[PDB]
Structures are given as C-alpha cells and as structure tokens.
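A structure with tacrolimus.
Chain naming here is simple, since letters A, B, ... match the order of the sequence lines and numbering starts at 1 in each. When a ligand or atom number is given, it counts from 1 through the structure's own listing order. The analysis underlying the following values was restricted to heavy atoms, covering all of them including side chains, and did not include hydrogens, waters or symmetry mates.
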Amino acid sequence: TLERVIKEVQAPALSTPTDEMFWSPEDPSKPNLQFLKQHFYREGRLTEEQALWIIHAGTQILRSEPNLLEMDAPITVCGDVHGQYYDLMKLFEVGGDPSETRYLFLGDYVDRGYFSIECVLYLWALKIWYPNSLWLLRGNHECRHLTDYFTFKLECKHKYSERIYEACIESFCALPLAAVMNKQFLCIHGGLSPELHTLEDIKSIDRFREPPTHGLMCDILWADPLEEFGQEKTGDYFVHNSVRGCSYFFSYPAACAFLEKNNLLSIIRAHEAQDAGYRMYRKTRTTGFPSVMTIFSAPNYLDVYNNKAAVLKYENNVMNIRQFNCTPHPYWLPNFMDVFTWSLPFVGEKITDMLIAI
Amino acid sequence: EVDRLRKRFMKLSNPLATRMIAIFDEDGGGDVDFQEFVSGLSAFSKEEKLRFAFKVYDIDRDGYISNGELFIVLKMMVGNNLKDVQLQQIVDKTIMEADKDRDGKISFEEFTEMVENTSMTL
Amino acid sequence: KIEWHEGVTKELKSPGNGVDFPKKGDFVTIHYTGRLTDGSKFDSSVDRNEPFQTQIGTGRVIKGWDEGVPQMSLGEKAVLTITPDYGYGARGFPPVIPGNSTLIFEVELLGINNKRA
Ligand SMILES: C=CC[C@@H]1/C=C(\C)C[C@H](C)C[C@H](OC)[C@H]2O[C@@](O)(C(=O)C(=O)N3CCCC[C@H]3C(=O)O[C@H](/C(C)=C/[C@@H]3CC[C@@H](O)[C@H](OC)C3)[C@H](C)[C@@H](O)CC1=O)[C@H](C)C[C@@H]2OC
Ligand SMILES: [Ca+2]
Ligand SMILES: [Ca+2]
Ligand SMILES: [Ca+2]
Ligand SMILES: [Fe+3]
Ligand SMILES: [Zn+2]
C-alpha cells in the first residue's frame with residue numbers, strides 16, 4: 001500500500017511466516033528467535049499452527065518442572081512485564097542476551113499492555129531454546145479469571161483465536177509458583193502466607209490448576225508487603241489486603257520469622273509498581289540484608305506512571321540494580337477497537353444533526 | 001409522505017459537511033436536486049443505513065474504502081486529539097483486519113462484517 | 001446510601017484560578033484519565049500524550065462532561081463521578097465501556113478558548 005497519507009509511519013507486517021522463515025536454520029526443531037523478535041516488533045502475526053506449537057512446546061517443558069525451582073547464580077531477576085513487548089526488548093538489551101545470560105521472570109506477562117501475546121510467544125520461544133538457563137514463574141495475572149476480566153483473552157481472540165487463549169491458560173497452570181535462587185533467596189510474585197511455614201509447603205501444592213480465591217497458592221501470587229513495612233506499630237504478621245480485595249499484607253517481623261526459619265537471606269518479589277523500578281525494604285537484624293525486594297520491569301506503566309523499570313543482577317558475590325526507561329510503541333484503540341466501531345457512533349450523531357438543519 | 005418532503009425540499013461547522021453534501025450529489029455534479037434529495041433522506045426512514053455510513057468514508061465513490069480515505073475522513077472528526085502517527089497506525093491495523101481478500105482496500109461486505117455488532121433516525 | 005443528584009458529582013483535587021469557568025459553547029482543553037468503578041483505566045489522553053479538545057455544553061461529549069466541566073476553573077484538577085445515564089447508558093460503548101457503567105474521570109482543565117493555565 002503505497003498510497004497512505006503518513007508515509008513516514010511504517011506499516012505492520014502484512015503476511016504470516018512460512019515454515020522456512022519460522023524454523024531456525026541452525027536448529028530446525030526450534031523457532032527462529034531473531035525472526036520472531038523482528039516480526040513481533042513490526043506487529044506481525046504467526047499462523048495459528050505456529051503460535052499453538054510454541055505454547056504447547058512451552059507447556060511440555062514447564063510441566064516437567066517442580067513447583068519450587070532451584071537455580072544458582074549468575075542470574076537476572078525480572079519483574080512484571082504486562083504486555084509491554086517493546087519495553088521487553090529493552091529489558092534484554094540491558095540485562096543481556098538470553099543466549100549468554102541466565103534469567104528469572106517473576107510473572108505478570110499479560111494484561112494491561114496490548115502486546116501480551118507477543119510477550120508470551122517470544123518468552124515461550126526463549127524457554128524452548130534455553131530451558132535450563134531461562135525460567136518463568138507464575139504471576140497472579142497468569143490465570144483464566146484475570147485474563148478474561150482484563151485484556152489478554154480479548155487480545156488472543158482478536159489477534160488469533162480462542163484456541164490460542166485456551167492453550168495459554170493450560171500453559172499458565174504449568175508455570176512454576178516459586179524459586180530458590182542460589183540457596184539464598186525465595187523468589188515469588190506476590191508475597192508470604194499464613195499457611196507458608198517452610199519451603200516444603202510450596203512443594204506440596206498442586207499447581208496444575210487455577211489459583212484459588214484464598215489459601216497458600218493464592219497468597220504466593222497476590223500478597224503484598226504492608227504500606228508501613230518495617231515500621232509496624234503492632235507485632236502482627238498478616239492482615240487482610242483491603243487493596244487487592246483478597247490475600248494478605250505481610251509485615252517485617254513476618255518476613256524475618258520466615259527467613260530465620262528457612263535460612264534465607266531475602267525475599268525477591270514483584271507484583272507492585274515502583275517508581276525507580278525497584279524498592280529495597282528494611283534490612284534483617286540477622287544478616288543486615290534487605291528482607292524484601294520488589295522488582296518491577298514495566299517502565300512508564302500503563303503509559304501514564306512514567307516510572308523506570310529495573311532488573312536484579314546477581315553474579316559471584318556481587319549484586320546490583322540496572323534501570324531503564326520506556327520505549328515508544330504502536331498505538332491501539334482501547335480494547336483493540338477498530339476505527340469503524342470507534343467512529344460510527346459519532347458519525348451517526350453528526351449526520352443526524354446535519355439532517356435537522358434541513 | 002413524499003408530498004410533505006417535496007414541500008420541505010421546495011422550501012430549502014459540522015466536520016462532515018463536505019462529505020454528506022457529496023453523498024447527496026450522486027452524479028458528482030456539485031449540486032443536488034429533488035431526486036437526489038429524497039434518495040439521500042430515504043435511507044433514514046438497516047441495510048440502507050449501513051450503505052450510507054460506507055459512503056461517508058468512500059470519497060471517490062469507487063465502492064472501496066482506501067487507507068488514505070479512511071485517514072482523511074477520521075481526521076475531520078478527530079483533529080488534533082490523535083497524532084498523525086497514532087491515527088495512521090490504527091488505520092493500518094483496521095485495514096488489515098478487514099481486508100479479507102487482501103487488496104489493500106475495504107469493500108462494503110468487509111465493512112459490514114466488521115461492524116455487525118453496532119443509529120440514524122428522522 | 002441513596003444520593004440525590006442529576007448524574008454527575010465533582011471532587012476538587014487541585015484548585016484552578018477560581019475565575020475562568022467554561023461556558024456553554026466554549027472550547028476546552030483537558031487532560032483526562034477514565035477509569036471504571038473497579039479503578040481500571042479504559043482510556044487516557046495521557047496515553048496519546050495529547051490533551052483532549054472539544055466544544056463543551058453542546059452535546060459533543062457525554063452529559064456528565066457537559067455538566068461537570070463548567071463547574072471547574074481554569075487549571076483545576078478534579079474527579080468526575082458519572083452515572084450511566086450521564087454516561088453511555090445500558091448500551092454502553094463496546095468493546096470499551098460495559099452497559100450501565102458508572103464512569104470516573106480524572107480531569108485537568110488546561111485551557112478555555114485558548115486561554116491556558
Ligand atoms: C472519529 C472519532 C470519533 C471521535 C473520537 C475522538 C475525537 C477521540 C477521543 C479521544 C475519543 C476517544 O477515542 C480514543 C475515546 O474516548 C473514550 O475512551 C472516553 O474515555 C470517553 O468516554 N470520552 C473521551 C473524553 C471525553 C468524554 C468521553 C466522550 O464523550 O467521548 C466522546 C464520545 C465517545 C461521545 C459519544 C458519541 C456518540 C453518542 O451516541 C454517545 O452518547 C452516549 C456519546 C468523543 C470524544 C466524541 O465526542 C468524539 C468522537 O467519538 C470513549 C469511551 C470512546 C472514545 O472514542 C470514541
Ligand atoms: Ca447533482
Ligand atoms: Ca475509495
Ligand atoms: Ca478488500
Ligand atoms: Fe502486576
Ligand atoms: Zn501482579
């Protein structure tokens with residue numbers, strides 16, 4: 001289409017990949033990552049068959065993993081992404097190429113952002129290529145309830161089909177719930193639980209299901225630190241989370257009690273948006289180390305927060321935070337609304353008004 | 001009925017001014033007579049209503065909504081509320097999702113199949 | 001628990017000049033962020049990085065805005081709670097706004113007829 005008004009604006013990729021384009025020339029059993037990276041960047045779509053293959057192959061690997069992953073340093077811990085694919089590209093450029101960098105994502109890959117399925121298909125493709133160096137944890141948004149409530153189900157039905165959405169839902173149930181990194185840090189999305197006493201409690205969870213409205217599996221995905229964390233007037237451990245409407249707020253003595261019980265240094269989490277992309281909570285009295293770490297990897301969250309994003313890098317005995325700003329992305333009308341559905345109600349009004357003038 | 005409308009026709013800053021006046025002008029002459037006046041109004045007395053909505057975007061009256069036509073008509077109503085980049089991008093993506101035969105344009109069949117979910121009365 | 005109003009109530013978050021108020025027929029420039037009662041954003045002019053412009057009190061926008069905005073002064077930050085009847089009603093605005101939805105708009109009046117704050 002040469003005849004467009006704003007020619008300086010690049011058009012989306014028109015066609016779907018062929019088998020020769022899709023499969024990697026180096027490893028014909030795995031997708032071409034470099035191609036996928038560019039194709040998604042130009043808002044290109046895969047065929048239903050190709051997209052289904054990536055998710056199912058991803059499910060195949062995830063189902064073989066335990067509820068509690070166990071990995072050693074070096075590692076790059078990443079927080080929420082929320083369909084911000086063009087910021088996810090910046091993430092890998094800051095953290096390092098997955099082909100030579102060990103990663104750990106804490107969840108929330110979908111909803112809110114209008115490029116959720118691109119994030120999933122690419123992260124799943126990376127998991128296929130690097131099953132023993134890249135790990136994906138489940139976030140509270142990786143379930144049927146929130147994806148249907150928000151935008152992910154709509155995105156799948158719009159860009160692809162219902163079969164794709166059902167594939168992701170099945171895949172989300174295979175996602176690990178937690179991880180113990182380098183025998184020092186408990187890595188989760190949400191926070192602690194009154195039913196979470198030891199790491200053994202996590203291991204006995206049947207994760208192959210939708211998250212419950214309450215309980216251990218719920219809290220791991222939904223729990224938050226208190227707003228006055230580290231400065232609690234009381235000695236209470238938990239309290240109802242009035243903000244989330246479910247799960248609990250956990251406190252500083254609650255965190256310290258867990259860490260001392262399980263011989264862990266800190267709790268690396270996400271789930272909450274930070275202005276700097278991260279927040280370091282009160283250090284423990286036992287080791288002088290930050291009891292809780294919130295990692296958030298979605299810059300300019302919802303295109304309005306104007307916040308930085310960050311990832312945690314832990315190598316040898318060295319740990320540091322790397323921040324990065326947002327990256328421009330193509331525009332979508334709310335809920336993937338087409339310009340016809342978008343303008344017709346207004347057209348009908350202006351025509352009706354013009355009729356009265358006659 | 002028509003006699004009353006013929007009497008109203010004898011007696012005779014909207015963003016869609018140039019467009020609607022061009023729709024009534026069915027031969028593209030520049031003027032509008034009674035037969036064009038009645039025919040234009042007769043659509044508002046569900047298929048005919050959608051056919052009129054299609055003519056709003058179809059500027060050259062070729063039966064297809066092009067990428068350029070879609071942008072221009074939308075800009076008449078939107079103005080500066082959307083940037084050129086933002087509007088051009090959602091215009092591009094709308095075309096692709098509606099262009100089922102892949103000709104770069106939007107037919108009337110493709111148009112109706114897009115807004116089957118979705119208005120004009122007298 | 002039952003309040004009595006036309007369909008829109010304004011919550012002043014930050015005061016304007018307290019002098020210039022949008023009258024019927026005036027053109028206003030507003031940065032808005034629309035959320036549902038659950039607090040989820042469905043649209044924002046900040047997303048487009050472009051302040052929203054329209055003629056107020058002439059039926060261009062929803063009734064909640066035509067009656068809410070004139071209550072604001074130039075430069076004021078306020079929140080408009082809009083009933084479905086002053087909103088999009090039972091039909092709503094698919095696929096963006098569900099039927100019978102109460103709308104919550106964070107509005108900042110930036111300009112009135114090219115007089116800025
Ligand atoms: C060619 C494009 C059309 C043209 C679109 C633009 C200029 C772009 C502009 C940023 C709109 C946004 O587009 C990204 C988008 O903003 C929303 O998301 C939104 O937050 C909203 O509620 N707003 C926007 C801010 C002012 C109040 C309200 C509104 O009154 O909006 C008005 C509205 C929808 C009135 C309807 C008209 C039909 C009546 O039948 C109905 O009566 C019940 C009320 C809008 C501004 C119209 O005056 C003008 C248009 O429609 C809507 C949920 C849907 C809307 O897209 C349409
Ligand atoms: Ca004529
Ligand atoms: Ca045409
Ligand atoms: Ca076509
Ligand atoms: Fe989140
Ligand atoms: Zn979360």
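- In this structure, the ligands or chains belonging to tacrolimus are ligand 1.
- Here, the main chain in contact with tacrolimus is recorded in UniProt as FK506-binding protein 1A.
- Other chains with one or more heavy atoms under 4.0 Å from any atom of tacrolimus: A, B, C.
- Residues with a heavy atom within 4.0 Å of tacrolimus: A:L333, A:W342, A:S343, A:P345, A:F346, A:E349, B:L74, B:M77, B:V78, B:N81, C:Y32, C:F42, C:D43, C:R48, C:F52, C:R60, C:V61, C:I62, C:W65, C:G87, C:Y88, C:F93, C:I97, C:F105.
- For tacrolimus and C:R48, the ligand atoms under 4.0 Å from any heavy atom of the residue are 10 (C), 14 (C).
- Taking every non-hydrogen atom of C:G87 and a distance limit under 4.0 Å, the qualifying atoms of tacrolimus come out as 43 (C).
- The ligand atoms of tacrolimus that sit less than 4.0 angstrom from a heavy atom of A:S343 are 1 (C).
- Of all atoms in tacrolimus, numbered sequentially from 1 with element shown, those under 4.0 Å from a heavy atom of A:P345 are 38 (C).
- The largest share of chain C residues contacting tacrolimus lies in UniProt domain PPIase FKBP-type.
- Residue-to-ligand polar distances keep A:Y331 apart from tacrolimus: every N/O pair is separated by 3.5 Å or more.
- The PDB entry assigns chain A the name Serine/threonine-protein phosphatase 2B catalytic subunit.
- The shortest N/O to N/O separation between B:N81 and tacrolimus does not fall below 3.5 Å.
- The B:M77 neighbourhood of tacrolimus comprises atoms 1 (C), with distances under 4.0 Å to a heavy atom of that residue.
- Short version: no covalent link from tacrolimus to a chain.
- Between C:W65 and tacrolimus, no N or O atom pair is found at a separation short of 3.5 Å.
- Within the listing of tacrolimus, atoms 21 (C), 22 (O), 23 (N), 28 (C), 29 (C), 30 (O), 31 (O), 33 (C), 34 (C), 43 (C), 44 (C), 52 (C), 53 (C) sit less than 4.0 angstrom from a heavy atom of C:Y88.
- Taking every heavy atom of C:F105 and a limit of under 4.0 angstrom, the matching atoms of tacrolimus come to 20 (O), 21 (C), 22 (O).
- Tacrolimus has a nitrogen or oxygen under 3.5 angstrom from a nitrogen or oxygen of C:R60.
- The shortest N/O to N/O separation between C:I97 and tacrolimus does not fall below 3.5 Å.
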